[PDB]
Asks: 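Structure of oseltamivir carboxylate bound to neuraminidase - open in front of me now.
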There are 4 protein chains.
Amino acid sequence: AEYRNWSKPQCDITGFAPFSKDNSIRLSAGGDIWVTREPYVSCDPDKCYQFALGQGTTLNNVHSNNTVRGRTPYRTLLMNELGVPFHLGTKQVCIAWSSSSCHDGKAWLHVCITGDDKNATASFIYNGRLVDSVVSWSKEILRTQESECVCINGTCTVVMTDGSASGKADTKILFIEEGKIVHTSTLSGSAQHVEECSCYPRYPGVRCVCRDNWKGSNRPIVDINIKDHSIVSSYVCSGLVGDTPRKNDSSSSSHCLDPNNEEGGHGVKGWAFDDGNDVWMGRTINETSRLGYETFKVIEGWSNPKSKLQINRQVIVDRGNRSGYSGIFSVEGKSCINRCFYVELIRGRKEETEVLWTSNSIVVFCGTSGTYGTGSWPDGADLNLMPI
Amino acid sequence: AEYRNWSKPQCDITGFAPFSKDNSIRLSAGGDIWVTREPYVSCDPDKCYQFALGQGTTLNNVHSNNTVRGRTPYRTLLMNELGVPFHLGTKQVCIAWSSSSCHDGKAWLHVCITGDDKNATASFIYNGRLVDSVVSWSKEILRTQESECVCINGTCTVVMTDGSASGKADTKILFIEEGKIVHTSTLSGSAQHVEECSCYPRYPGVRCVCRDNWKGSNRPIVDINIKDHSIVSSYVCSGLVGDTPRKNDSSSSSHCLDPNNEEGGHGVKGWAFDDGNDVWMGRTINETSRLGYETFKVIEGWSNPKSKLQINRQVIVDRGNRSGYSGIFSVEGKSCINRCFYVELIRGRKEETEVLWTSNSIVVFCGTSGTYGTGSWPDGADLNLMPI
Amino acid sequence: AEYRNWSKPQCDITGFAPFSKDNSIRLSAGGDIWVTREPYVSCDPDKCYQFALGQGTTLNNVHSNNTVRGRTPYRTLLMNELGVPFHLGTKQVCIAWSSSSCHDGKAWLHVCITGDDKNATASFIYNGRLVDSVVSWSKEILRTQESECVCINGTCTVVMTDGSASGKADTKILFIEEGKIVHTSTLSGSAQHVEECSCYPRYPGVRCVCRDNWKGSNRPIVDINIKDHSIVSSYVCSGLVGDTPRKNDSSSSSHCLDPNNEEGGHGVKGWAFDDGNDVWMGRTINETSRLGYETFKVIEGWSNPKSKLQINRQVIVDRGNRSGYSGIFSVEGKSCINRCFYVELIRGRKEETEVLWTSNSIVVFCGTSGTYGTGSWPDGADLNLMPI
Amino acid sequence: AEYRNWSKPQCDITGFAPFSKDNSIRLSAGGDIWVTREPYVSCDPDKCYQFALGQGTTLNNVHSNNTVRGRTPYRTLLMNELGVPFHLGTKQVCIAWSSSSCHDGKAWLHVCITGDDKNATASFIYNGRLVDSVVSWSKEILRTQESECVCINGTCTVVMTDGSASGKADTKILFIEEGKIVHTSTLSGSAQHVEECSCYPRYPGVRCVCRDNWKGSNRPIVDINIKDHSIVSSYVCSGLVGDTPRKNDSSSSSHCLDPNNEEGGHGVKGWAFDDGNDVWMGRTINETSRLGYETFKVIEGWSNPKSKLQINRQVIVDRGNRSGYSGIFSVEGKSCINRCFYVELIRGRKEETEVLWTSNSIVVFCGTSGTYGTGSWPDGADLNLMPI
Ligand SMILES: *[C@@H]1O[C@H](CO)[C@@H](O[C@@H]2O[C@H](CO)[C@@H](O[C@@H]3O[C@H](CO[C@@H]4O[C@H](CO)[C@@H](O)[C@H](O)[C@@H]4O)[C@@H](O)[C@H](O[C@@H]4O[C@H](CO)[C@@H](O)[C@H](O)[C@@H]4O)[C@@H]3O)[C@H](O)[C@H]2NC(C)=O)[C@H](O)[C@H]1NC(C)=O
Ligand SMILES: *[C@@H]1O[C@H](CO)[C@@H](O[C@@H]2O[C@H](CO)[C@@H](O[C@@H]3O[C@H](CO[C@@H]4O[C@H](CO)[C@@H](O)[C@H](O)[C@@H]4O)[C@@H](O)[C@H](O[C@@H]4O[C@H](CO)[C@@H](O)[C@H](O)[C@@H]4O)[C@@H]3O)[C@H](O)[C@H]2NC(C)=O)[C@H](O)[C@H]1NC(C)=O
Ligand SMILES: *[C@@H]1O[C@H](CO)[C@@H](O[C@@H]2O[C@H](CO)[C@@H](O[C@@H]3O[C@H](CO[C@@H]4O[C@H](CO)[C@@H](O)[C@H](O)[C@@H]4O)[C@@H](O)[C@H](O[C@@H]4O[C@H](CO)[C@@H](O)[C@H](O)[C@@H]4O)[C@@H]3O)[C@H](O)[C@H]2NC(C)=O)[C@H](O)[C@H]1NC(C)=O
Ligand SMILES: *[C@@H]1O[C@H](CO)[C@@H](O[C@@H]2O[C@H](CO)[C@@H](O[C@@H]3O[C@H](CO[C@@H]4O[C@H](CO)[C@@H](O)[C@H](O)[C@@H]4O)[C@@H](O)[C@H](O[C@@H]4O[C@H](CO)[C@@H](O)[C@H](O)[C@@H]4O)[C@@H]3O)[C@H](O)[C@H]2NC(C)=O)[C@H](O)[C@H]1NC(C)=O
Ligand SMILES: *[C@@H]1O[C@H](CO[C@@H]2O[C@@H](C)[C@@H](O)[C@@H](O)[C@@H]2O)[C@@H](O[C@@H]2O[C@H](CO)[C@@H](O)[C@H](O)[C@H]2NC(C)=O)[C@H](O[C@@H]2O[C@@H](C)[C@@H](O)[C@@H](O)[C@@H]2O)[C@H]1NC(C)=O
Ligand SMILES: *[C@@H]1O[C@H](CO)[C@@H](O[C@@H]2O[C@H](CO)[C@@H](O)[C@H](O)[C@H]2NC(C)=O)[C@H](O)[C@H]1NC(C)=O
Ligand SMILES: *[C@@H]1O[C@H](CO[C@@H]2O[C@@H](C)[C@@H](O)[C@@H](O)[C@@H]2O)[C@@H](O)[C@H](O)[C@H]1NC(C)=O
Ligand SMILES: CCC(CC)O[C@@H]1C=C(C(=O)O)C[C@H](N)[C@H]1NC(C)=O
Ligand SMILES: CCC(CC)O[C@@H]1C=C(C(=O)O)C[C@H](N)[C@H]1NC(C)=O
Ligand SMILES: CCC(CC)O[C@@H]1C=C(C(=O)O)C[C@H](N)[C@H]1NC(C)=O
Ligand SMILES: CCC(CC)O[C@@H]1C=C(C(=O)O)C[C@H](N)[C@H]1NC(C)=O
Ligand SMILES: *[C@@H]1O[C@H](CO)[C@@H](O)[C@H](O)[C@H]1NC(C)=O
Ligand SMILES: *[C@@H]1O[C@H](CO)[C@@H](O)[C@H](O)[C@H]1NC(C)=O
Ligand SMILES: *[C@@H]1O[C@H](CO)[C@@H](O)[C@H](O)[C@H]1NC(C)=O
Ligand SMILES: *[C@@H]1O[C@H](CO)[C@@H](O)[C@H](O)[C@H]1NC(C)=O
Ligand SMILES: [Ca+2]
Ligand SMILES: [Ca+2]
Ligand SMILES: [Ca+2]
Ligand SMILES: [Ca+2]
Ligand SMILES: [Ca+2]
């Protein structure tokens, strides 16, 4: 085994082809399936895994009540091969209400945060042993990506925040060799509020498209130099913006350097990536709530903050159906690195009151240089007909 | 590992011996089992896998209601080792209401079609990653084999159809190397309507026995040349016909070049293969609906449309029990390649109205050069006692 | 991977020590467990597996009513690692209402009989594929060991029988190289009725202790010579006899050559093995029923049909608890071949009417050269309380 | 594969970071989970496994009633990967109401005890086969560690006791090479009563911190020399003592050589390990009950029996929540041997009467040299609401 360098060009991408879907909530109506949220996909050199933070209970279970709450001591990082639903034989790989995982080509890293809000612990697990931990620095919800970290040459980088979800916070970027923290750099550049980063390799470094939970409906971008540990940061230029909430396409604007200040409060984890001066991105279809999901390419969207020229829209989940988090993951091919993404399909509370629980299922798409058509792959469960 | 060439002669067949049976519906009255249809079997160099298209629900479950419907966004391809029932830990390998898979010797290829009826997408997945896709070309249910594809020296071939199910359609033969579509031939020769091909390697090429849904109750054959990508086509000569519906053994007739026009409308997926000038084949026992299943050899049935002389008949499923799709798979022995087949056992709607679901179990048999007896292996579930 | 040849002397044995227990019936009161009978154990060069003949249903399931019936088309051979009970992701490896399996050093052989009573088929599955098959020769319930077959230098051997359960029958011994029946010797010697041989390697040949269902309560021995294919047979001398029914310890008698003729009709599968002129053996504790199970050594019991001198008795199952079939398997150690045995713990119909089903669980012991205490390890389910 | 030698220095430890949590009881409210007790953790060279003793039943099962009882014939050793809860595909690896397992770098040893109280058998199982066994020596509950044994250069050591739980008993230390008992040394030195050793490698020896069920609320220490099988023993000096019951902190005292005589009757399996002259240790938070769990370093606690100077307390389970047994396990990192521990979270009878059953879940922490914060990770099931 050798380390992953990801030293290959990014695949041509004309859009995205259907890759996976686990019908988890549908299955949980006549089967024992975990209650989860904040899923993500990451792959080893051979195959892909679906990860999620479980709520320490199955769906049909009295303990599914109040799973709307996102940090308890019962939450663990669940790990299956992609498309194996989270049944009872699933491995809980660490204790976590916030995580990130990646494979460096030799083994798995998990970064798992659990504990008190004001005094959380991050565990660093490499090759199924605990190799390090770090305490919260700002004593206010230590939290990380909820999607894959990125390793190059045996150095994994990951992005962590501690501090306000509505004001300056302390974002750091950790550099990990075999589960050992070898460096911590602090967020630098003009990105003002960075959460829940979707990172992807972009040799020779990593790039991340995050959530601005404070004053932005544009998403931040963090670049990480893996060799000198330097950081830079800014925002996705595209005039069509990628956060929810946001302003409609006719009213919306952006900036390459600052939060656009447009319905900036709150957000949702999402992703984007560059393709020369254009940008690929997904977002909820509905501007104010997490309904629907679509991807498109904004032409000049990476370098021109006035560009509102999209093409190649695909509906992934139609606007009448629920979405949630999304994130990127990268997959090595023969000649090129491909880009894929998952969409968390959230069902239950608070939005939907006919059940007492909150959970999700997922749908995953991947980049293609070929052709594709259309459709919509929502969750599909009838909550009117699920357990009392 | 090495590429499969299939470059050994076909085994002697004196008939087929019992190989596998999953008792899926019988288990689902006391277990969480998937609801499926369009199953099939394919094997890697070491062992055999059973596939089916899920309905994104288990049987005992509110979402099993109305799974008579064959194309929904919830359908996925399920893959277990052969003889492992589709329990809740079964892997969904891709999104699909129509699929074909095969192993080229080094890795699996899955061909997976989902999306809108008029704008469906085929995904190609190889060694666990999405390598290609293609849009529907004629905007009318892009569909494929529902049984193993076939790979020779690195090149996998698959047959796909887009268009009318009761008139001319556009059928093509894709050539795929490591999941990459490298060439695309159009259906050629005298086969007028082609669906749901059962293909096998017949070195140096591939042969398929398909379902003419339009004007034939005889079965199309398609020869695919893997090196120059050429395609010839015709019908199964044998005067005993393999489609359902069809006319009885007395009235029935055929033709080597054209559909017979005998209750030719509609059909059922099936197989047949050549043994010199004789043909081994299976079919439902009943002439007009999917009841029973039988196999025999027709002496000169491969090459003489007037041949109505069968021998070595075996009842696989008796005429009072439901049957369904059936297809071929091939397995490499020490010195020869063998031919096996599965038979889908369909239970539920529309035919059986005591339940709201439609699902199936499978039985599987393999070519033997030894001797054998008699029996019947139906589904064995009591729908009158089932999860009501 | 080399072929096993068992060319090491038998281990010293002082008795047997607890090895494994699957608690299958106790679990199926609150989970999905298969209904089974006719279990056995065989091991690959690394680990052991447990087998049984499924009834195509789980216990808590409408389909388990009437599982007293030992031959249906829904029966399949189950295979897990030893100690993994037969839950829903258990692999069915073949269609079988009678079977035998073994591993030859490189791969599994499985011998699986199913079909009509009057015309059953044996299928021979090696290294994942069907390689051969035979019809019933005498058209009366073709059947085989229900326990491990034995392979030496790549030749496996299995004893099968076709014919009357209660008068002269046709017993053959097949030799199988890589799934291929390379020879068939007919039964020869003194043994007059032979069923369910529990065989073991005894380099350079194989030995079996069987069940006489006709006029013997002494158990038959069958010697199989693997190079010349010759067959001798006789009975186990011991004045203490293995079969059930039998006459009590005071009244019983035996013969090194002929059925002893005492309550001989009917029987139960069991085992014994020589140790110089002494014999190790197990048997039920009730002389008339499949209640309890014991093992002891009979001093000179292997060459003196007058020896009723036992020692080293162990109760495996106490006398007020149900037992059933029992069988030997062999396990290669560093310097010697050890011998072990399993005991089928039959619960339900017809002997127990609180339930509708019939099933078993199993307990497994292994030869020890060290020391050991006492106990009882019954099935332990409360049928007064199980599923309706 | 070489044998583990553990010839690495012990890791710097500043405290413990969360590693794993199985949520077993929470899950059992809506799934098929095993009833267990006396859990522990042990790792092969790659990954950790969670072991426990089952009660031969699942929780939502009639047979969970009276699982308070700790030696039945239906108790088996359960073994999964760490994080996979004990569902029905869980392997039972031997018959046990008492056990110890370790990996020597080449394979697994399991030491398994079952049988009558007055006449129990210990079976030694290595590389998946029975290699040895030993009878009870004092004919009064032969019993062993309930945590990992330790192997150095292929010689594994284990600690077993037989005799009174409240008076002088007969404690032996066995030495086992690939399954074979090669030596038995007897306990020696000043420890007067020794149960349930939590042992760990301390090159070139092995060191255990045990439970005095007689007169000591300080914990016995046993040292084991592996080359010449000599044994020394004593007690943990620390004035803060590990056992439950014990005296409160103000009132307690200890002794380096003798049971302290302070509420000695009874106790609980627990652990400790030296760090210079300092001691790391855990214990229940409540002095008299198995409520809560905590860890700390006692400054000079290893050599100064009057030290009561704790630092680096961590709460693992808050004091309003139930704990239970705990023990150590060692994981080899790149340059040092780490120390970890697991805590049994007992729920149900007799302490809690809302349910008829007794079971547990587990939490696992591992030593860290990094930093960490605070929390509490209890069982989290609600019995007011569980099955029935
Ligand atoms: C079958 O499936 C394929 C693949 O999914 C569909 O083709 C896709 O259709 C999308 C919807 O029309 C196309 O995306 C749109 O692209 C427009 C591009 O503008 C074009 O100008 C170029 C030259 O520069 C021309 O080729 C095109 O003809 C266009 O006129 C965008 O303007 C459009 O953006 C918006 O429209 C949407 C609604 O669609 C609004 O929601 C949005 O706010 C904005 O006003 C959108 O991005 C997509 O590119 C195309 N993809 C490919 C690869 O061809 C077929 O249409 C499907 N057919 C059926 C019958 O379902
Ligand atoms: C035990 O197990 C074996 C294996 O299944 C059974 O043997 C099979 O029985 C089948 C039915 O008898 C045989 O298939 C038939 O083959 C017939 C050929 O008849 C022969 O005539 C030729 C040429 O004149 C001779 O060479 C042969 O020796 C035969 O005597 C077909 O005519 C027949 O075709 C039909 O009959 C069926 C009903 O069976 C109709 O449905 C059909 O429409 C048509 O009129 C049929 O195909 C089969 O070959 C034979 N297999 C082997 C290997 O022997 C035994 O019958 C079973 N024994 C018991 C007691 O059940
Ligand atoms: C703890 O666990 C051990 C091992 O399981 C028990 O020891 C075993 O006890 C058995 C039952 O007594 C022994 O087997 C018996 O052997 C008898 C022969 O008498 C002995 O023979 C030699 C010399 O003759 C001497 O070594 C002995 O000292 C004895 O005198 C057999 O006669 C006896 O056979 C029968 O008795 C049974 C009832 O028990 C009848 O069912 C039967 O029909 C027949 O009349 C039996 O085979 C066994 O060898 C022995 N094992 C070993 C290794 O020593 C301890 O007894 C256990 N302790 C407790 C309290 O349970
Ligand atoms: C966030 O998380 C970290 C790590 O969990 C916490 O820091 C830990 O807090 C513990 C509780 O105070 C510390 O353990 C205590 O250590 C005391 C030692 O006193 C020190 O003297 C040293 C040097 O000699 C100075 O540096 C310090 O100022 C210390 O004061 C012990 O005496 C103390 O002992 C007891 O108090 C406990 C607490 O109730 C009693 O139950 C007990 O019986 C006895 O009377 C205790 O062991 C721990 O060392 C410290 N760890 C580290 C690595 O820093 C933060 O406190 C957390 N913060 C929040 C806001 O949650
Ligand atoms: C739960 O278990 C109770 C105690 O069971 C006794 O010991 C166990 C180790 C077990 O193996 C069991 O067989 C033993 O009887 C049961 O109470 C016992 O019930 C039996 C007959 O029902 C009675 O003769 C015993 O005296 C009684 N023992 C005690 C200590 O109560 C429970 O059975 C129930 O409770 C009984 C008291 C009775 O009311 C009956 O209706 C119940 O079946 C077991 N509980 C349940 C819900 O099954
Ligand atoms: C699910 O949980 C909710 C929230 O805890 C429960 O509602 C509470 O009920 C308790 C006691 O039953 C009341 O004292 C609280 O004031 C309620 N809280 C709120 C926020 O409404 C509810 O009972 C649970 N429902 C079920 C079916 O378990
Ligand atoms: C259980 O079965 C009883 C006997 O059934 C007979 O044999 C079985 C194999 C079936 O073929 C069945 O149709 C036959 O009647 C029934 O008489 C009885 O009603 C059944 N019990 C229940 C509770 O359903
Ligand atoms: C703590 C701030 C962070 C948003 C930036 O909240 C996230 C919001 C969530 C959301 O927007 O759905 C749910 C996440 N589980 C949550 N994480 C934690 C640790 O609370
Ligand atoms: C669309 C025509 C095609 C066969 C001719 O329909 C098949 C009919 C079916 C059938 O005959 O049972 C079920 C198949 N799932 C269906 N395939 C799809 C993709 O709809
Ligand atoms: C057919 C004779 C044979 C032994 C005499 O019957 C066995 C007896 C049985 C028995 O005595 O329990 C049950 C076995 N399942 C059965 N096997 C078959 C194949 O029917
Ligand atoms: C027999 C003495 C022994 C240690 C004191 O008791 C242990 C105490 C127990 C306890 O204190 O919880 C439960 C253990 N299962 C038990 N082990 C056995 C085998 O009884
Ligand atoms: C077969 O079907 C035709 C109808 O086309 C009918 O006339 C004929 O009698 C049937 N044959 C037999 C043998 O029953
Ligand atoms: C064929 O199937 C139908 C099922 O509805 C039945 O009524 C018909 O009589 C059957 N006929 C034959 C000849 O098998
Ligand atoms: C054997 O079992 C039967 C079954 O009930 C019982 O009646 C009988 O007493 C037992 N006989 C002996 C001698 O143990
Ligand atoms: C400790 O124990 C005694 C009871 O024996 C009690 O008097 C005292 O208050 C306790 N001390 C503390 C600090 O709780
Ligand atoms: Ca925002
Ligand atoms: Ca047709
Ligand atoms: Ca259930
Ligand atoms: Ca007999
Ligand atoms: Ca004590």
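The sequence lines fix the lettering, A, B, ..., with proteins before strands; numbering per chain opens at 1. What's counted below: heavy atoms across the whole structure, side chains too, no hydrogens, waters or symmetry copies. Method on record in the header is X-ray crystallography, 2.2 Å. Counting starts at 1 for both ligands and their atoms, in listed order.
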Asks: Could you help me spot every copy of oseltamivir carboxylate here?
Replies: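 It sits at ligands 8, 9, 10 and 11.
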Asks: Which other chains show a non-hydrogen atom at a distance under 4.0 Å from oseltamivir carboxylate (ligand 8)?
Replies: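 Heavy-atom neighbours of oseltamivir carboxylate (ligand 8): A.
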Asks: Write out the residues of other chains lying under 4.0 Å from oseltamivir carboxylate (ligand 8), heavy atoms counted.
Replies: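 Residues with a heavy atom in range: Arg37(A), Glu38(A), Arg71(A), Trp97(A), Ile141(A), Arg143(A), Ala165(A), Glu195(A), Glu196(A), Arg211(A), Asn213(A), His266(A), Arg290(A), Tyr325(A).
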Asks: Of all the atoms in oseltamivir carboxylate (ligand 8), which lie at a distance below 4.0 Å from a heavy atom belonging to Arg290(A)?
Replies: 10 (C), 11 (O), 12 (O)
Asks: Using a 3.5 Å cut-off on N or O atoms only, is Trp97(A) in polar contact with oseltamivir carboxylate (ligand 8)?
Replies: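 No, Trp97(A) has no N/O under 3.5 Å of an N/O on oseltamivir carboxylate (ligand 8).
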Asks: Which oseltamivir carboxylate (ligand 8) atoms are under 4.0 Å away from a heavy-atom of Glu195(A)?
Replies: 5 (C)
Asks: Which organism does the PDB entry associate with chain A as its source?
Replies: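 Source per PDB: Influenza A virus.
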Asks: Atoms of oseltamivir carboxylate (ligand 8) less than 4.0 Å from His266(A) heavy atoms?
Replies: 11 (O)
Asks: Looking only at protein heavy atoms, which one is nearest to atom 4 (C) of oseltamivir carboxylate (ligand 8), and how far off is it?
Replies: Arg211(A) NH2, 3.7 Å
Asks: Do me a favour and list the nearest non-hydrogen protein atom to atom 6 (O) of oseltamivir carboxylate (ligand 8) with residue, atom name and distance?
Replies: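 Atom 6 (O) of oseltamivir carboxylate (ligand 8) sits closest to the protein heavy atom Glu196(A) OE2, 4.7 Å.
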Asks: With atoms numbered from 1 as shown, which atoms in oseltamivir carboxylate (ligand 8) lie under 4.0 angstrom from a non-hydrogen atom of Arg37(A)?
Replies: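 Atoms satisfying the 4.0 Å criterion: 12 (O), 13 (C).
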